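What follows is a model of Granule-bound starch synthase carrying bound acarbose.
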Amino acid sequence: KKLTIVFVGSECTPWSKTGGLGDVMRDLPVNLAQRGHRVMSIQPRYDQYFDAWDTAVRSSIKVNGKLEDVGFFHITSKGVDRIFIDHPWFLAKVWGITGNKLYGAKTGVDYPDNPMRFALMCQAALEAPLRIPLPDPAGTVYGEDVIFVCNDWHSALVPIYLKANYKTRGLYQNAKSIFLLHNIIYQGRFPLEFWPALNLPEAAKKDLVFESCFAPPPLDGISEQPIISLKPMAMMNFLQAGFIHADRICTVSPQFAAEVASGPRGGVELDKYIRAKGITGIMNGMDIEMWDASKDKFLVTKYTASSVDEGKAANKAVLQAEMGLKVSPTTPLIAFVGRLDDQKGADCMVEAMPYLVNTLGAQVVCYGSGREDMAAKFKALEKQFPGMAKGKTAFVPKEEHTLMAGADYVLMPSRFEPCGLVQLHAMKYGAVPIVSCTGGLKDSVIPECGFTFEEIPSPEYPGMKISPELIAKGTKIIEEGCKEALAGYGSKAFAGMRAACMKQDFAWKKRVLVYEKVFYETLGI
Ligand SMILES: C[C@H]1O[C@H](O[C@H]2[C@H](O)[C@@H](O)[C@@H](O[C@H]3[C@H](O)[C@@H](O)[C@H](O)O[C@@H]3CO)O[C@@H]2CO)[C@H](O)[C@@H](O)[C@@H]1N[C@H]1C=C(CO)[C@@H](O)[C@H](O)[C@H]1O
Ligand SMILES: Nc1ncnc2c1ncn2[C@@H]1O[C@H](COP(=O)(O)OP(=O)(O)O)[C@@H](O)[C@H]1O
């Protein structure tokens, strides 16, 4: 068939990234482009990207009543014409290359521009197909028979800007809008007085207005404690307006799709739109070219599934040495990777450390970046457990590859996981996953590949008065869950899990065909 597709989000690897979001908006659009579709990605210009060149095409977008000049920077990479929205609110943010902290200064603290920024980002994204000729400035323009894939709350306003501004005036009529939920807790909930600044018609105010007792913290600077009233408050919600006007909802896992429809816990407070409209779970793939331990760049000894035992223990020595753990091939090696906050479950895992080293015997590597509390405790691991544990906060792409090939077991104690990528990455490289039993972790870590202890407790949640000194005995589920899995290290069962893990196929080729048909339905052909 072949059609025009336009991805719209707040991250694209390698340019911006705080986690999986960026990686999906790198991989998915390329693997769609391989099928013959004309694909584009649209992201903000947070920093002066050396490979991003000004198209010279400007436009003016109305925000907070004042017109705003924005520019459009372009780059063709892997058949995907990516575009970057240039403006002072994105580019001139707090310094040190941004990288992480795209959306806030600290972690838990957001920038008060975010309403206007992602209001600006969306409207601007709707211009790009109309007024920028690609690949070269003497080439064709994208046009109007274009499907928009929009990713999380940050691009949750393009369905409603599309209909309320553009389709009104007789363009993008053939165009449809797909929403893609990577996460449910992040909904773009803002105070109601930011309404004027959005520049949507007054009819469309009804779709943004929203009532709940849980609001994210006051958007000032220092506070990060979600206020909780008895009578529900009035506020905004970009994500609901994404659900209202999206011509289809997708999400990143069959199991997670189920958990969002399930009710106000699993849908945060938005369950009744998803359950009404429907949500197709398409689990995330991975890049096979990049993640391939038979042919990997960052590996000393490269190995297949036929030659695992040798290859891993070789790359484990490298790892043990690099972290500075005793170089013992018979000592188990558990690896944790994920952001340092409540969702990924560091706080409990770290409380569970003595039992993992002192009682089970294993070594524990710990990558992560996020809140100041858990970052502090991570660095001091190698002090308190000398040569039996390390905590790396701040790290490189290269450092995550050696960690997988070296680790015996990989650990994810998540409260919930829409899909997760570190367990997919591990299984590719033979590291046997010990996981929390939620979402994409349930779908991906089958019993043939790994272990699945029961999930970790949260509150009524989106980080309320977080982890009650009591509920933080979630720890014991990890102590227990690991004890089973590691008792069995060096079994023929373990060698079967190793082989099983790597024979699984995580390439997008399959996933894309599902994504591709969901388009055809929403359109017509
Ligand atoms: C990894 C994660 O990256 C992005 O998450 C952002 C939020 O989008 C952003 O709003 C911000 O969250 C803060 C929030 O705004 C505020 O209310 C609160 O006070 O503090 C929060 C934390 O500071 O920060 C995070 C991190 O920068 C994406 O938007 C998320 O969707 C994404 N997680 C997803 C993505 C994938 C990819 O498929 C899944 O595989 C993964 O399991 C899932 O968690
Ligand atoms: N603290 C971090 N900051 C930014 N990226 C990270 C961090 N920890 C891991 N990563 C990278 O992000 C991805 C992990 O994302 P995923 O497992 O989908 O869950 P989440 O997106 O919630 O972190 C991996 O590709 C890994 O390279």
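The residues of the chain are indexed from 1 along the displayed sequence. If you're wondering, the header gives X-ray crystallography, 3.0 Å. In each ligand, atom 1 is the first atom listed, and ligand 1 is the first ligand listed.
- Tracing acarbose through the model gives ligand 1.
- With a non-hydrogen cut-off of 4.0 Å, the residues around acarbose amount to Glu11, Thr18, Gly19, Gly20, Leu21, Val24, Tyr103, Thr107, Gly108, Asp110, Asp152, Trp153, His154, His182, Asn183, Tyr186, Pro217, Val252, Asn284, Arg339, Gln343, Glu417, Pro418, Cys419, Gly420.
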